[PDB]
Undergrad: 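Notebook entry - examining structure containing brigatinib.
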Amino acid sequence: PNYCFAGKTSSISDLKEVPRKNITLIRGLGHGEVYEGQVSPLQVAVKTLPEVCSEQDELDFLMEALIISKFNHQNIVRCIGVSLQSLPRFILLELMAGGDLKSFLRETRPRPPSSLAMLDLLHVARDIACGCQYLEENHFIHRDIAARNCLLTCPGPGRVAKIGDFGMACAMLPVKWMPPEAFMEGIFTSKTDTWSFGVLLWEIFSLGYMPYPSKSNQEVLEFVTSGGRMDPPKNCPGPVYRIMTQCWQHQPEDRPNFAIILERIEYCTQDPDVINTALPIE
Ligand SMILES: COc1cc(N2CCC(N3CCN(C)CC3)CC2)ccc1Nc1ncc(Cl)c(Nc2ccccc2P(C)(C)=O)n1
């Protein structure tokens, strides 16, 4: 299997094979399965392929390794290497100690008080938008920009958010992150990623709520097609909500590219009225 990105073609032979003897598993992290690990010492996350799997599962795994290995950006998770010549097969990734963003948001929600502030949220949004701008500039369509696919380097301040999973690149389709022309026509473009980014913003500023809270997939599809959009998250500043509503323009041509999203995020970050807004206490 071959893979091309940024005008270069790569195959399995170009991946960095790490000797199996140099890899130590430490603990499970979530769902294949992902472990904390060590490479002789580098801390890694280890994505494993079940030994019992289809040929297409094997190929899917290979492709995910080539895709992640060829990216070179600070807001995309690094691939340390692979161990594909012993079973089970491993992909070695940068350990993101802060976890997935969805869990982080849910678990770090202000409770009775200042576990998070608005600037933390804007920094995460900026980081992911920089990641997406890098993809868009390199003509890569992610297809599943969502909080569950983003990771944080560390729990505390100085955390950096990064795009972590590239699995997507009917009942399993992430309808709630997809614009009309994607779920209706199966047309994907970089404006597809813009729409999803809008939904991720909502996830961020809601502190990890499921989009379109009470609606099923079909309800969302009919709602969104008819021009329905989500309400602002609780205490969401107007300038932030305006970015969401621009990302959710019906016409792909009317949605901003990531360079523009980034500028608008940076303007929000500069506005004292935005960053002095208190997050809701649950
Ligand atoms: C310590 O590092 C982690 C911790 C957790 N946590 C988050 C809280 C969770 N909580 C604690 C509190 N408890 C009561 C309920 C559970 C426990 C696990 C999750 C993930 C990583 N790291 C990590 N790096 C790289 C990758 Cl690449 C990855 N990948 C990854 C790991 C897990 C899920 C999804 C992915 P993705 C996006 C789809 O690749 N994952």
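Heads up, chain A uses the PDB entry numbers, so what you see runs 1094-1124, 1128-1136, 1144-1215, 1218-1274, 1288-1400. Just follow the structure's listing: the first ligand is 1, and inside any ligand the first atom is 1.
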Undergrad: Could you tell me the main partner of brigatinib here, using whatever name UniProt has for it?
TA: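 Chief contact partner: ALK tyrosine kinase receptor.
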Undergrad: Write out the residues of other chains lying under 4.0 Å from brigatinib, heavy atoms counted.
TA: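 Using heavy atoms under 4.0 Å, it comprises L1122, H1124, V1130, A1148, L1196, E1197, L1198, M1199, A1200, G1202, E1210, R1253, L1256, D1270.
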Undergrad: Could you find the nearest protein heavy atom to atom 32 (C) of brigatinib and give me its residue, atom name and distance?
TA: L1122 O, 3.9 Å
Undergrad: Closest UniProt active-site residue of chain A to brigatinib, and its minimal non-hydrogen distance to 1 Å?
TA: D1249, 8 Å
Undergrad: Which residue supplies the protein heavy atom nearest to atom 27 (Cl) of brigatinib, what is that atom called, and how far is it?
TA: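 The closest heavy atom on the protein side is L1196 CD1, 3.4 Å.
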Undergrad: What source species is reported for chain A in this deposit?
TA: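 The PDB entry says Homo sapiens.
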Undergrad: Please list the nearest protein heavy atom to atom 34 (C) of brigatinib with its residue and the distance rounded to 0.1 Å.
TA: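 For atom 34 (C) of brigatinib, the nearest protein heavy atom comes out as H1124 O, 4.0 Å.
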Undergrad: Considering only non-hydrogen protein atoms, determine which one is nearest to atom 35 (C) of brigatinib and report residue, atom name and distance to 0.1 Å.
TA: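 Protein heavy atom at minimum distance: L1256 CD2, 4.5 Å.
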Undergrad: Starting from atom 21 (C) of brigatinib, what is the nearest protein heavy atom, named by residue and atom, and what distance separates them?
TA: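 Answer for atom 21 (C) of brigatinib: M1199 O, 3.4 Å.
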Undergrad: What atoms in brigatinib come closer than 4.0 Å to a heavy atom of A1148?
TA: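 Here the atoms of brigatinib in question are 24 (N), 25 (C), 26 (C).
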Undergrad: Using a 3.5 Å cut-off on N or O atoms only, is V1180 in polar contact with brigatinib?
TA: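 Among all N and O atoms of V1180, none is under 3.5 Å from an N or O of brigatinib.
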Undergrad: For brigatinib, which UniProt domain of chain A supplies most of the contacting residues?
TA: Protein kinase
Undergrad: Taking only heavy atoms of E1197 into account, list the atoms of brigatinib that are under 4.0 Å away from them.
TA: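 Result: 24 (N), 25 (C).
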Undergrad: Point out the residues of chain A that UniProt assigns to ATP binding and that have a heavy atom under 4.0 Å from brigatinib.
TA: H1124, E1197, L1198, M1199, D1270
Undergrad: Determine if the distance from atom 14 (C) of brigatinib to the closest protein heavy atom is below 4.0 Å.
TA: no
Undergrad: Tell me, which protein residue and heavy-atom name are nearest atom 12 (C) of brigatinib, and how many Å apart are they?
TA: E1210 OE1, 3.1 Å
Undergrad: For atom 5 (C) of brigatinib, what is the closest protein heavy atom, and at what distance to 0.1 Å?
TA: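 Scanning the protein heavy atoms, the shortest distance from atom 5 (C) of brigatinib goes to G1202 CA, 3.7 Å.
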Undergrad: Measure the distance from atom 30 (C) of brigatinib to every protein heavy atom, then report the residue, atom name and distance (to 0.1 Å) of the closest one.
TA: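 Result for atom 30 (C) of brigatinib: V1130 CG2, 4.1 Å.
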Undergrad: For brigatinib, which of its N or O atoms have a protein N or O partner closer than 3.5 Å, and how long is each gap?
TA:
| unit_1 | atom_1 | unit_2 | atom_2 | d |
| --- | --- | --- | --- | --- |
| brigatinib | 2 (O) | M1199 | O | 3.0 |
| brigatinib | 22 (N) | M1199 | O | 2.9 |
| brigatinib | 24 (N) | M1199 | N | 3.0 |

